[PDB]
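Snapshot of meropenem (bound form) at Beta-lactamase.
Positions are given from 1, in the same order as the sequence printed here. The way this entry was determined, per its header, is X-ray crystallography, 2.0 Å. Values below: every heavy atom of this structure, side chains too, minus hydrogens, waters and symmetry copies. Read the numbers this way: they start at 1 and go in the same order the structure lists the ligands and their atoms.
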Amino acid sequence: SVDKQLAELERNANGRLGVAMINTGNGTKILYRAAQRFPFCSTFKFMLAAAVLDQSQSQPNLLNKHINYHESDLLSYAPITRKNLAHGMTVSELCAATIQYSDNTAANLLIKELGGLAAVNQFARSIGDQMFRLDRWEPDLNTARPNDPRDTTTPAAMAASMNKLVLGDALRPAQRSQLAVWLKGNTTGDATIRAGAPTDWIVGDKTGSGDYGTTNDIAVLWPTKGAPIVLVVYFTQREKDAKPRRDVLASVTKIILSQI
Ligand SMILES: *C(=O)[C@@H]([C@@H]1N=C(C(=O)O)[C@@H](S[C@@H]2CN[C@H](C(=O)N(C)C)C2)[C@@H]1C)[C@@H](C)O
């Protein structure tokens with residue numbers, strides 16, 4: 001029983017947890033509050049990177065476009081764009097730094113490139129994600145305030161989106177392969193989904209955190225045995241200044257993967 005382990009974990013943690021798992025092997029799913037909205041935090045950047053890859057399908061030079069951004073574009077959390085300030089970065093490098101370091105300048109630059117917040121939402125709509133809603137730019141989208149639907153999705157919608165994009169036919173093969181490569185090279189995810197997964201598996205993920213101790217992580221897991229698995233874990237807590245609970249996500253992963 002996942003449900004009772006999950007509820008116990010959630011009650012002990014004093015948060016709300018949302019979980020969707022899809023096993024693309026047999027098509028089983030494990031759902032917990034899967035249809036409830038949660039602040040997506042940096043997990044949006046997954047959907048952002050996918051949208052950029054979608055436009056690159058029309059525009060063969062898009063990923064190679066060199067972006068000479070300036071000092072003014074730099075945000076508080078931007079280690080990789082800060083690193084490359086002098087020389088600029090390609091759109092492709094911007095997507096990698098957004099996914100793998102969650103760089104906020106790289107994200108905001110890619111939204112500009114797509115032509116605004118609404119372009120990401122319209123992309124989400126094009127793939128059948130009806131729950132995804134991006135309302136603000138980085139980093140204002142991480143306030144994660146109680147009962148604020150801004151900058152939110154559902155675990156189920158996000159899992160279905162990751163499924164279609166990484167493991168499905170929503171993108172052309174070069175694009176979707178690039179999307180999985182970016183994810184596999186994520187550097188921020190060691191303590192969350194990765195830490196609860198068998199040490200011989202490969203995990204591609206995008207993390208997220210914000211106020212109210214919001215702690216999120218979305219992943220494709222490549223097992224040693226069968227087909228890939230999509231896991232989306234969202235978690236949020238009572239108080240604004242809650243510390244993130246990366247251990248809760250690793251625990252969920254332990255709980256979920258045991259079942260399969
Ligand atoms: C989005 O989630 C944020 C950027 N992506 C992050 C991530 O995936 O780790 C963050 S948070 C990082 C870990 N916790 C610290 C923190 O600032 N929070 C607890 C809020 C640093 C990275 C800044 C960003 C847009 O909020």
Notebook entry, point to check: Which ligand or chain identifiers match meropenem (bound form), all copies included?
Noted result: ligand 1
Checklist line | Sub-4.0 Å atoms of meropenem (bound form) with respect to non-hydrogen atoms of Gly208 | finding: 2 (O), 8 (O)
Notebook entry, point to check: Considering only heavy atoms of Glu138, which atoms of meropenem (bound form) have at least one such atom less than 4.0 Å away?
Noted result: 24 (C), 25 (C)
Next item on the list: List the UniProt active-site residue of chain A that sits nearest meropenem (bound form), with the heavy-atom separation to 1 Å.
Entry: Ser42, 1 Å
Check: To the nearest 0.1 Å, how far is atom 22 (C) of meropenem (bound form) from its closest protein heavy atom, and which atom is that?
Finding: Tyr77 CD2, 3.9 Å
Margin query: Under 4.0 Å from a heavy atom of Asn104: which atoms of meropenem (bound form) are those, numbered in the order shown and with their elements?
Written below: 24 (C), 25 (C)
Check: Where is the nearest protein heavy atom to atom 1 (C) of meropenem (bound form): which residue, which atom, and how far?
Finding: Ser42 OG, 1.3 Å
Notebook entry, point to check: For atom 12 (C) of meropenem (bound form), what is the nearest protein heavy atom, given as residue, atom name and distance?
Noted result: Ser209 OG, 4.3 Å
Next item on the list: Could you tell me whether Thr188 and meropenem (bound form) have an N or O pair separated by under 3.5 Å?
Entry: no
Checklist line | meropenem (bound form): covalent bond residue and atom | finding: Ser42 OG
Check: Taking non-hydrogen atoms only, is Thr207 closer than 4.0 angstrom to meropenem (bound form) via side chain, backbone, both or neither?
Finding: both
Check: Should you measure from each heavy atom of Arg246, which atoms of meropenem (bound form) turn up under 4.0 Å away?
Finding: 13 (C), 14 (N)
Next item on the list: Run the numbers for me: atoms of meropenem (bound form), each under 4.0 Å from some heavy atom of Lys206, listed by number.
Entry: 8 (O)
Item checked: Contacts by heavy atom under 4.0 Å between meropenem (bound form) and UniProt substrate-binding residues of chain A -> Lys206, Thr207, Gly208
Next item on the list: Take atom 26 (O) of meropenem (bound form) and look for protein heavy atoms under 4.0 Å from it; say yes if you find one, no if not.
Entry: yes
Checklist line | Site residues for meropenem (bound form), heavy atoms under 4.0 Å | finding: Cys41, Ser42, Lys45, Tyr77, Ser102, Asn104, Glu138, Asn142, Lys206, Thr207, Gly208, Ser209, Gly210, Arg246
